[PDB]
J.: 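Here is a structure with oleandomycin.
To match the PDB entry, the residue numbers of chain A are left as they are there, and the shown ones run 2-301. In listed order, ligands and their atoms are each counted from 1.
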Amino acid sequence: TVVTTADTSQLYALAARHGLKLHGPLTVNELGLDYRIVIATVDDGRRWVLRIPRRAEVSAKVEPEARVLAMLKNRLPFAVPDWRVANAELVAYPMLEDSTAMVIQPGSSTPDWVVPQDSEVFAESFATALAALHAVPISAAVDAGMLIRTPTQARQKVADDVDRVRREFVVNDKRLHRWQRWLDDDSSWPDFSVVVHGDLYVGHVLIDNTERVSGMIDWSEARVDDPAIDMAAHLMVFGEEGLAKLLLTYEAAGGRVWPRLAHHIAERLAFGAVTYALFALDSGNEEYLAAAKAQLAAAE
Ligand SMILES: CO[C@H]1C[C@H](O[C@H]2[C@H](C)[C@@H](O[C@@H]3O[C@H](C)C[C@H](N(C)C)[C@H]3O)[C@@H](C)C[C@]3(CO3)C(=O)[C@H](C)[C@@H](O)[C@@H](C)[C@@H](C)OC(=O)[C@@H]2C)O[C@@H](C)[C@@H]1O
Ligand SMILES: Nc1nc2c(ncn2[C@@H]2O[C@H](CO)[C@@H](O)[C@H]2O)c(=O)[nH]1
């Protein structure tokens, strides 16, 4: 007998209650704070992703995300998870076998690999994919019950998050001033909102073996909001040169821009410290909290 991390009999029973018969190899990622993620082989010979909510508060988010993905499926020129099972105890979809655009071993803080800076096929196809996403009509998002933020509501959300961090943590004075100046800088903010992925970075983008964007995953944060939300992580990974290329092609592909978009994306990236701190706070995880407090107290 060999102790294994996965509980195959419990997983089998869970999947079977939702019409999936597990058979063959599986792998398990238990490091998620909200979900256990298992990639399992099913009697169709195919791999499926089992996205297992850990708690009632997580389970509550399944049905609204299911409506998002159902709406998006025909309206994007790339794949998204096909949640053929979606309920409080289990989400399951056939695995999208294409690689993520960043490969990282669970537990590790350093990726094995990220799609290269000089990959023109990746850069170009990410920009067009993003323009396509941001072209999904607002009416479709409303009809699907999505969270909608007008430009005023988008800016208010940022203000609320900044204020919550200020109430719970002690933040470097210059950091605070940066965020406030940004919130007060009318010219930075867009006068429209779009359907955004909300958690978009190389780890949630799938690519075919030519490095062309073929899919996106992990849509929990999707909503109608500030377009720049989906561009900040591109700046973080690919730098100002990568952002410059993105904006040129995004605009050429029909994406709507505004003159201070590049600036606004950089401010959104800085605002990532707020998002991280609130995640840490809401998680109750002391390691995340220690990192967050250190970041917030530090000079940029
Ligand atoms: C938009 O700007 C981003 C910039 C940066 O975005 C992050 C990323 C994506 C964050 O994840 C996001 O963290 C938030 C809190 C929740 C979110 N979702 C689960 C909901 C999650 O995906 C990280 C904090 C994940 C984390 C903690 O495990 C790590 O420490 C790992 C090692 C992480 O550094 C890397 C693999 C590097 C190579 O990735 C990047 O820098 C991207 C660009 O960190 C953010 C918090 C900002 O929001
Ligand atoms: N290639 C690929 N990875 C996935 C898929 N679903 C989940 N993952 C991985 O599991 C994590 C949790 O959803 C993601 O960040 C990916 O690393 C998928 O359909 N295809």
J.: Please list the parts of the model that make up oleandomycin.
T.: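 It corresponds to ligand 1.
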J.: From the contacts in this model, which chain binds oleandomycin most extensively, according to the PDB entry?
T.: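 By the greatest number of contacts, it's Macrolide 2'-phosphotransferase.
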J.: What would you say the binding site of oleandomycin is, if we count heavy atoms under 4.0 Å?
T.: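 Counting heavy atoms, the site comprises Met103, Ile105, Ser110, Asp200, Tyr202, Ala233, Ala234, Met237, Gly273, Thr276, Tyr277, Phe280.
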J.: What residue and heavy atom of the protein are closest to atom 1 (C) of oleandomycin, and at what distance?
T.: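 Of the protein heavy atoms, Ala233 CB, 3.9 Å lies nearest.
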J.: Starting from atom 37 (C) of oleandomycin, find the nearest protein heavy-atom neighbour and note its residue, name and distance.
T.: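 Going atom by atom, the protein heavy atom closest to atom 37 (C) of oleandomycin ends up being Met103 SD, 4.8 Å.
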J.: Which atoms of oleandomycin sit under 4.0 Å from any heavy atom of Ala234?
T.: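 Going through oleandomycin atom by atom, the ones under 4.0 Å from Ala234 are 43 (C).
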J.: Got a protein heavy atom sitting under 4.0 Å from atom 22 (O) of oleandomycin?
T.: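 Yes; the ligand atom in question has protein heavy-atom contact below 4.0 Å.
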J.: Does the protein place any heavy atom closer than 4.0 Å to atom 11 (O) of oleandomycin?
T.: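 No, because not a single protein heavy atom sits under 4.0 Å from atom 11 (O) of oleandomycin.
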J.: Atom 47 (C) of oleandomycin: which protein heavy atom is closest, and how many Å away?
T.: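 Sorting protein heavy atoms by distance from atom 47 (C) of oleandomycin puts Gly273 CA, 3.9 Å first.
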J.: Closest non-hydrogen protein atom to atom 28 (O) of oleandomycin, residue and atom name please, with distance?
T.: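 Looking at atom 28 (O) of oleandomycin, the protein heavy atom closest to it is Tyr289 OH, 4.9 Å.
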J.: Can you find a protein heavy atom under 4.0 Å from atom 3 (C) of oleandomycin?
T.: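 False for atom 3 (C) of oleandomycin.
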J.: Can you list the atoms of oleandomycin that are under 4.0 Å from a heavy atom of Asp200?
T.: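 Answer for oleandomycin: 17 (C), 18 (N), 19 (C), 20 (C), 21 (C), 22 (O).
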J.: Could you tell me the residue and atom name of the protein heavy atom closest to atom 48 (O) of oleandomycin, and the distance to it rounded to 0.1 Å?
T.: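 I find the closest protein heavy atom is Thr276 CG2, 3.9 Å.
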J.: Please report whether atom 35 (C) of oleandomycin has a protein non-hydrogen atom at a separation of less than 4.0 Å.
T.: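 For atom 35 (C) of oleandomycin the answer is no, since every protein heavy atom stays at 4.0 Å or beyond.
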J.: Taking atom 15 (C) of oleandomycin as the reference point, report whether a protein heavy atom occurs under 4.0 Å from it.
T.: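 So atom 15 (C) of oleandomycin has protein heavy-atom neighbours under 4.0 Å.
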J.: Who's the nearest protein heavy-atom neighbour of atom 41 (O) of oleandomycin, and how far?
T.: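 For this ligand atom, the closest protein heavy atom is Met237 SD, 3.5 Å.
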J.: Specify whether the nearest protein heavy atom to atom 31 (C) of oleandomycin is under 4.0 angstrom away.
T.: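 So far as the 4.0 Å threshold goes, atom 31 (C) of oleandomycin is out of reach of every protein heavy atom.
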J.: Identify, by atom number and element, the atoms of oleandomycin in contact range of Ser110, meaning under 4.0 Å from any of its heavy atoms.
T.: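 Those atoms are 32 (C).
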J.: Could you tell me, atom by atom, which parts of oleandomycin come under 4.0 Å of a heavy atom of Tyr277?
T.: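 It comes down to these atoms of oleandomycin: 24 (C).
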J.: Considering only non-hydrogen protein atoms, determine which one is nearest to atom 7 (C) of oleandomycin and report residue, atom name and distance to 0.1 Å.
T.: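 The closest one turns out to be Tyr202 CD1, 4.7 Å.
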